[PDB]
Each structure stands twice: as C-alpha cells, then as structure tokens.
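Here, 4-hydroxytamoxifen is shown bound to Estrogen receptor.
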Amino acid sequence: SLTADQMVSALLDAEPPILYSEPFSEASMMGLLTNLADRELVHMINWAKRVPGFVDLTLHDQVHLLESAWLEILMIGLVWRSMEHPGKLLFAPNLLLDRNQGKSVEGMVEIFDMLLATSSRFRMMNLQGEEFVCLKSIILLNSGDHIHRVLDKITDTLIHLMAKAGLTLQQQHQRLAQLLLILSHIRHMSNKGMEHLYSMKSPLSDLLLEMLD
Amino acid sequence: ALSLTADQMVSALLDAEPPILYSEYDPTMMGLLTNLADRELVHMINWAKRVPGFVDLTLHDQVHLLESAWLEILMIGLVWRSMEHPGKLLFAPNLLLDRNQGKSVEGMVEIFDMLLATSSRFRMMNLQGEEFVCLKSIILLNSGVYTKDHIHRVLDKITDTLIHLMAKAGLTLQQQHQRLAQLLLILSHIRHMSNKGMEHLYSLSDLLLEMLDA
Ligand SMILES: CC/C(=C(\c1ccc(O)cc1)c1ccc(OCCN(C)C)cc1)c1ccccc1
Ligand SMILES: CC/C(=C(\c1ccc(O)cc1)c1ccc(OCCN(C)C)cc1)c1ccccc1
C-alpha cells in the first residue's frame, strides 16, 4: 500500500538495537554467543512484526518464517556490524573477535571465515543501510501469494534506491543480482550453523509463539 | 568472452547443454541415483568448460567451483526436467518417482517435497529454457566464490543476458527486475536443498582435477 521511500523509513525505524555481550574455552565462548543470540531474538520478533506484510500473515506462518530464518538474520546483522572492521567480527561493542580466537570452537573456523568474506563483499560493494534493511526483510520473507507481492514491492524499493543513486538501468539490475546472490551464501552459512548447534546437547517455537501472540 | 552479446551468451549455453542420461536398465534407490549422478558428473565437466569465461580461470579455481556447485547443478537439472510432471520427480526418463515412492528413499525425506515445490515454482513462473541455462551458469560461478573480479564480470553479463530475455519476451521493466529477483531468490532454496543432500551423503577435489585434464 505504501511508497518506495516510506518503505525505507518504516524499515529503518523498525531496526533492532545493538545489544551488548554479557581467554575463552569452547563452552564459554558458545555461552557468550548463545546468550547474546537469545537476547537478540526478542528484539528480532518485534522487528519482524513491524516488517510490512508480516502481521497480515497467520500466526502459523509468522512462526514458521522466523523459525527458519532467525540465524540468517542474526548473521547478516553480524556482517553489517563488522563491515568497518576488516578481519574481525563485531558480535557486540564489547566483543570484537579476530580470526585467531575463532578457533576456540571447532568447526567454527570455517563459518567464521565465511562471515568475514561476506563482510568484505559488503565493503567492496559499499552496501547502504537503506539496502541492508531491504535485504534483511527479504530474508525473513523468502527463507520460508501475499508474501510474494510484498517481496515484489521490496524489489521495486531496492531498485528505487539504486535509481536515485544515479545508476543507469544496467548497473541497477546488476547490483540487484549481486545483492540477492549473497543471500545464497548467507543461507549456506546458516545451514552450517544449524549443524553445529545440532551437534550439541540440550523452546524457540515457544518463545516465538509466546511473543508473537 | 566479456564481449559476447546476450544472444551469443544464450546460444553458447544452449549448445553446451548436457544430455539427459538414463538409469541403468536391469529388470531383475540410492545406488541407482549414485550411478546416474556419477555418469552425469562427467558430462558436467564438459559443460562447465563451455560456460563462457570458465576456462579463463585457473585449474585450481575450476575444481573449487565445481566441488561446491555440482549437487546444486544436478538438482536444478532434476527440477527442470520434472517441471511438466506435477507432484513427481524425473530423475531419468526411465526413473520417475512420485511422493510416496520417494518418501521411502534414503534421506530424500526432506528434499523431495522441497524439490517438488521448486519444480512447482518454476512451472507456475513458466521458466524458459534460455533462463534455465543462465541460472545453472550462475550457480557454477557463484556457489564457491566466497569460500575473482573476472567471475563477477561474467556474472554481471549473465545478469545482462537474463534481463534481455525478459525484455524481448515483452515484460515491462518493473516485471523484468521482479522476475530476475524471483529467479535468484530460488537459488537460495536450491543452495538449501544441496546442503541437506551433502550431509546425508557425508555419512571430490581428486576426481574433478582428473576430469579437467582433458
Ligand atoms: C556466527 C556465530 C553464531 C552465533 C551468533 C550469535 C549472535 C549473533 O548475533 C550472531 C551469531 C550463535 C551462537 C549460538 C546460538 O544459539 C542460539 C540458539 N540456542 C538456543 C540453541 C545462535 C547464534 C554461531 C552459530 C552457530 C554456531 C556457532 C556460532
Ligand atoms: C535429490 C536426489 C539426489 C540424487 C540425484 C540428484 C540429481 C541427479 O541428476 C541425480 C541424482 C543423488 C544421489 C547420489 C549422489 O551421489 C553421487 C556422488 N557419490 C559418488 C557420492 C548424488 C545425487 C540426492 C542427493 C543426496 C541424497 C539423496 C539424493
């Protein structure tokens, strides 16, 4: 219903805050991130409810979308924070880790490097905040009819941002392609992430349902 | 390679297309799929070498891109040929499985329904052959690009090719970048399905280097 520019403003206003973290072992480092993550998830839900077209979906669909996309969203949020910190990841203002410390957790050295590669790619493209919030909304809606019309609106919005940037048509859809292809790499990183979290001993749906309702 | 046109890009990719192989005739499942995939893999190497700008890369990079994308390439091919067979996957012309047949297969418990939905998606989008071969080429160059400027230059060109096909088809410019977005978002799902497959298979850098010595 809305215009390409008020879509930007609405999403920007719905942006979650940057939370603070609470040598490392494997269990203490994953304790830090899990905590930050679970705190971060509360704010993600409130953000999702303010993404245009989300609350119009059934509760069953809202939960399902967040359930499959939550790690993707945390990761692209992490990458966005670490953009101006080459060779490092900004989990929190009080938790900036280089590649060296990432070996505290086994199997995390691979995922770590994939996040750093994404961060450099965003810097190479000089990703804007107006585009970032658009990419993040797409992730929430795509990873899981009405949804596609909303997704089609975000595409127009992204194009609108690139057209106002002074870009000709060729560089516009080229950049659009470049951006969306990164999401495939983000999905990949999430998949490898779920594995590791599954490779651990023992409520998201409960948290999702509790806060969404 | 960077100086081709959209029509020359399409023409090169279409003639680079691998043949649809058959499952081994033996009247008297993962074994059949493994056998089929390994024979398909040999044709994939020949195809990849015909993808514009792929041979401009080093031998090491060619191996890396293929080891990262091979299952995605096989899966999108599976989805493509299963398009006009609703609610059923066409692994081979003589190996056609529907859902209940597929539910009883090793670890295809998750991806079968995903592959069908992807096939449903392409069908209701009316995916053209010219678009398909473009998407498959994109997969080849993009899957391992993060795990280099020439690669992104070829990708941008395949993007230019896709847009041209949509403009010629008679789509408005708004419909053009919308369709392009839809197609590329699907690649995320295909990446997702591949990961699910790789894991199950996990329970190479070798053989590729062997095949590409040709
Ligand atoms: C890349 C770091 C990521 C963590 C992360 C945390 C916060 C953030 O903003 C971005 C990334 C991470 C760690 C743990 C985690 O668990 C939460 C779910 N619990 C309840 C099982 C989620 C993310 C991670 C994910 C899986 C394995 C290893 C690390
Ligand atoms: C979706 C079916 C796919 C098979 C397949 C996909 C497309 C195609 O054109 C042909 C087959 C499949 C099965 C086995 C396989 O292994 C080959 C490599 N070996 C040497 C380990 C690859 C794909 C598969 C992958 C992992 C687990 C279960 C199934």
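Read the sequence lines top to bottom; their chains are A, B, and onward. Per the PDB entry, chain A residues shown: 309-330, 336-457, 473-530, 535-545, in order. Numbering of chain B is taken from the PDB entry, so the residues present carry the numbers 307-334, 342-460, 472-527, 536-546, in order. Indexing begins at 1, ligand by ligand and atom by atom, following the structure's order. In what follows, every heavy atom counts, from backbone to side chain, and hydrogens, waters and symmetry copies are set aside.
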### Query
Which ligands or chains in the shown structure match 4-hydroxytamoxifen?
ligands 1 and 2
### Query
What chains, other than any belonging to the drug, come within less than 4.0 Å of 4-hydroxytamoxifen (ligand 1), counting only non-hydrogen atoms?
A
### Query
Which residues of chain A carry a UniProt 17beta-estradiol-binding annotation and have a heavy atom under 4.0 Å from 4-hydroxytamoxifen (ligand 1)?
A:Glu353, A:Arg394, A:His524
### Message
Under a 4.0 angstrom heavy-atom cut-off, which atoms of 4-hydroxytamoxifen (ligand 1) come close to A:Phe404?
### Response
2 (C)
### Which of the 4-hydroxytamoxifen (ligand 1) atoms, numbered from 1, are nearer than 4.0 Å to a heavy atom of A:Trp383
18 (C), 22 (C)
### Query
Taking non-hydrogen atoms only, is A:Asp351 closer than 4.0 angstrom to 4-hydroxytamoxifen (ligand 1) via side chain, backbone, both or neither?
side chain
#### Entry: A:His524: numbered 4-hydroxytamoxifen (ligand 1) atoms lying under 4.0 Å from its heavy atoms
27 (C), 28 (C)
### Message
Distance under 4.0 Å to a non-hydrogen atom of A:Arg394: what atoms of 4-hydroxytamoxifen (ligand 1) satisfy this?
### Response
9 (O)
### Query
Between A:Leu345, A:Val392, A:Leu403, A:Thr347, which one has a non-hydrogen atom sitting closest to atom 14 (C) of 4-hydroxytamoxifen (ligand 1)?
A:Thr347
### Message
Under 4.0 Å from a heavy atom of A:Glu353: which atoms of 4-hydroxytamoxifen (ligand 1) are those, numbered in the order shown and with their elements?
### Response
7 (C), 8 (C), 9 (O)
### Origin organism of chain A per PDB
Homo sapiens
### Query
Using heavy atoms and a threshold below 4.0 Å, how should the contact between A:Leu525 and 4-hydroxytamoxifen (ligand 1) be classified: side chain, backbone, both, or neither?
side chain
### Message
Taking 4.0 angstrom as the limit and counting only heavy atoms of A:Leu428, give me the atoms of 4-hydroxytamoxifen (ligand 1) inside it, by number and element.
### Response
1 (C)
### Query
To which UniProt domain do the majority of residues of chain A contacting 4-hydroxytamoxifen (ligand 1) belong?
NR LBD
### Query
Within 4.0 Å (heavy atoms only), which residues surround 4-hydroxytamoxifen (ligand 1)?
A:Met343, A:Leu346, A:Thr347, A:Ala350, A:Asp351, A:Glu353, A:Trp383, A:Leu387, A:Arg394, A:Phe404, A:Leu428, A:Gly521, A:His524, A:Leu525
